[PDB]
> 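Complex: raloxifene : Estrogen receptor.
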Amino acid sequence: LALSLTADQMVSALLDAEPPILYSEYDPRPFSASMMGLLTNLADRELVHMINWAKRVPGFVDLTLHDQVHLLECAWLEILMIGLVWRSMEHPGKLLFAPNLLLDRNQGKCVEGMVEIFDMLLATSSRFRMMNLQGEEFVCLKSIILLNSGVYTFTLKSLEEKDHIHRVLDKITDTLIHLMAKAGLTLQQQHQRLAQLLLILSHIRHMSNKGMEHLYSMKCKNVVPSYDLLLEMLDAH
Amino acid sequence: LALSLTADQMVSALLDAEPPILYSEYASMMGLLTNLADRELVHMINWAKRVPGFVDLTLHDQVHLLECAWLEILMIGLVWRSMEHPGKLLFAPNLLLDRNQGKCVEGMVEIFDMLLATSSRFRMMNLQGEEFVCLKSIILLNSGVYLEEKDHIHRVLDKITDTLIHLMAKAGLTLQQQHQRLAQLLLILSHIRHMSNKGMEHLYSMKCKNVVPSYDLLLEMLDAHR
Ligand SMILES: O=C(c1ccc(OCCN2CCCCC2)cc1)c1c(-c2ccc(O)cc2)sc2cc(O)ccc12
Ligand SMILES: O=C(c1ccc(OCCN2CCCCC2)cc1)c1c(-c2ccc(O)cc2)sc2cc(O)ccc12
């Protein structure tokens, strides 16, 4: 039961749940149309692993299927983006979409309207580096995004669901504090770092919104995962 | 100067810096809201200049922070004055609107509902004025912060965190409760960013004369020394 986990058990559950790092193809490239096709193909494959990951975040499968879908509809691009930033952290000036799709700013220019968001993503990677963000902190933040982003936009059942999400979010706060304490930070340093980490989430939200507007401007048939697509992925037998 | 303030001195400074509540002057609905927002802007700049550490930034950087934060700041203010009015948004004391009135503006109701939900969250948490004033200052300093200038902003942000924790400690919260409440408050800021992004998209969709305050307007309001 999610609310019974110790901080150590929460960390271990989240690290265990992590999705794999996917590749692009692989063909002894480059890309004109082509770059967006590769990125779309990658994102579409990552979404499947994201659903698997979400179902392993403690407390998530306790929610109704409807609410699970809503949280993912709200969070999916933020989650792709924070994953991208983490993968890119050790690669100054580059975004590691995949190990074989490692792009710089000038390659971002090849997609109309992409550079400004590319720059925001690079700045977030820089911030992660400057904070020396740890993998255990990263998995906490990604779980927070999943549970928090859609909770403000959802009856008696809904009240029960929100209470549960808030309790699990509190457990994740406890877990972040535990990690910082185990690492030797003073109480003051712990609360300052907790705040610094959580403020990053506002920037991640900003980038997701700006990215979604950009995706929509491309006039493709499909931009967002539909309710029933998420449903089927989540609505397992 | 600013980084030597105690937590108590920080709180007093922020409370003292609070802008006034303006009245609406009286398609019409949006005309009224646009006029109100335009008038609130100067008062926001006056407030910003009183947030400890803000005026130590270059004017260029002060303007950038305002360009990034202005709508989030209007929104958090709206949410705060609407706390004690469940189901309604108190844009002005003479402009209290419910969601049915938000429906009269094409594309507004979705954001209206988000704002109401935020006000509802504030109510449930029993958000205090001293905490509100800290959160608003964090929006100002954090929203545009994407070397010496960034370091200064981060030191000020750390002082506001310390201040928030101090307020909680004095109120008798356990260490666990302090950390949990700090997190709860900061996560609401992600929702305020979201509402500002959606609101900006909405305002742009209206195809009015103008949406964002210009660099020159903000700089003029900041009233440079001479
Ligand atoms: O390029 C993409 C991207 C491309 C297509 C996407 O969606 C394709 C539509 N697809 C439909 C079915 C459901 C899943 C989405 C999503 C992201 C990525 C990003 C992006 C960056 C800047 C910007 O302006 C817009 C997006 S960030 C990102 C991280 C990834 O791991 C993968 C792709 C990406
Ligand atoms: O309606 C407005 C609003 C109207 C016009 C605005 O900008 C007018 C352009 N003006 C140009 C010169 C610089 C200042 C802005 C900003 C907010 C307000 C809001 C809003 C809500 C929902 C939504 O979908 C969009 C906006 S929130 C708000 C809070 C206020 O204190 C005042 C107006 C408002």
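Chain letters: A, B, ..., in sequence-line order. By the numbers in the PDB entry, the shown part of chain A spans 306-333, 335-338, 340-461, 465-547. Using the PDB entry numbers, chain B covers 306-331, 340-459, 469-548, in order. Each ligand, and each atom within it, is numbered from 1 in the order the structure gives.
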> Which chain letters have at least one heavy atom nearer than 4.0 Å to any atom of raloxifene (ligand 1)?
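Based on heavy atoms, that gives A.
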> Taking the minimum heavy-atom distance to atom 1 (O) of raloxifene (ligand 1), which of A:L346, A:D426, A:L540 ranks first?
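The nearest heavy atom belongs to A:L346.
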> For atom 16 (C) of raloxifene (ligand 1), which protein heavy atom lies nearest, and how many Å away is it?
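Result for atom 16 (C) of raloxifene (ligand 1): A:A350 CB, 3.6 Å.
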> From the options A:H524, A:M543, A:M427, select the one whose nearest heavy atom is closest to atom 23 (C) of raloxifene (ligand 1).
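Heavy atom nearest to atom 23 (C) of raloxifene (ligand 1) belongs to A:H524.
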> Which residues in chain A does UniProt mark as 17beta-estradiol-binding that also have a heavy atom less than 4.0 Å from raloxifene (ligand 1)?
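The UniProt-listed residues with a non-hydrogen atom that close: A:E353, A:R394, A:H524.
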> Name the closest protein heavy atom to atom 26 (C) of raloxifene (ligand 1), giving the residue it belongs to and the distance to 0.1 Å.
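Answer, as residue, atom name and distance: A:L525 CD2, 4.2 Å.
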> Just need the protein heavy atom nearest to atom 22 (C) of raloxifene (ligand 1), so name the residue and atom and give the distance.
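Checked against all protein heavy atoms, atom 22 (C) of raloxifene (ligand 1) sits closest to A:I424 CG2, 3.7 Å.
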> I keep wondering which UniProt domain of chain A most residues near raloxifene (ligand 1) fall into. Any thoughts?
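It's the UniProt domain NR LBD.
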> Which other-chain residues or nucleotides lie under 4.0 Å from raloxifene (ligand 1), by heavy-atom distance only?
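Non-hydrogen contacts come from A:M343, A:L346, A:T347, A:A350, A:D351, A:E353, A:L354, A:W383, A:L387, A:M388, A:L391, A:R394, A:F404, A:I424, A:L428, A:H524, A:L525, A:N532, A:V533, A:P535.
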> Between the protein and raloxifene (ligand 1), are there any N or O atom pairs that come within less than 3.5 Å of each other, and if so, what are their names and distances?
from	atom 1	to	atom 2	distance (Å)
raloxifene (ligand 1)	10 (N)	A:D351	OD1	2.7
raloxifene (ligand 1)	24 (O)	A:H524	ND1	2.7
raloxifene (ligand 1)	31 (O)	A:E353	OE1	2.5
raloxifene (ligand 1)	31 (O)	A:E353	OE2	3.2
raloxifene (ligand 1)	31 (O)	A:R394	NH2	3.0

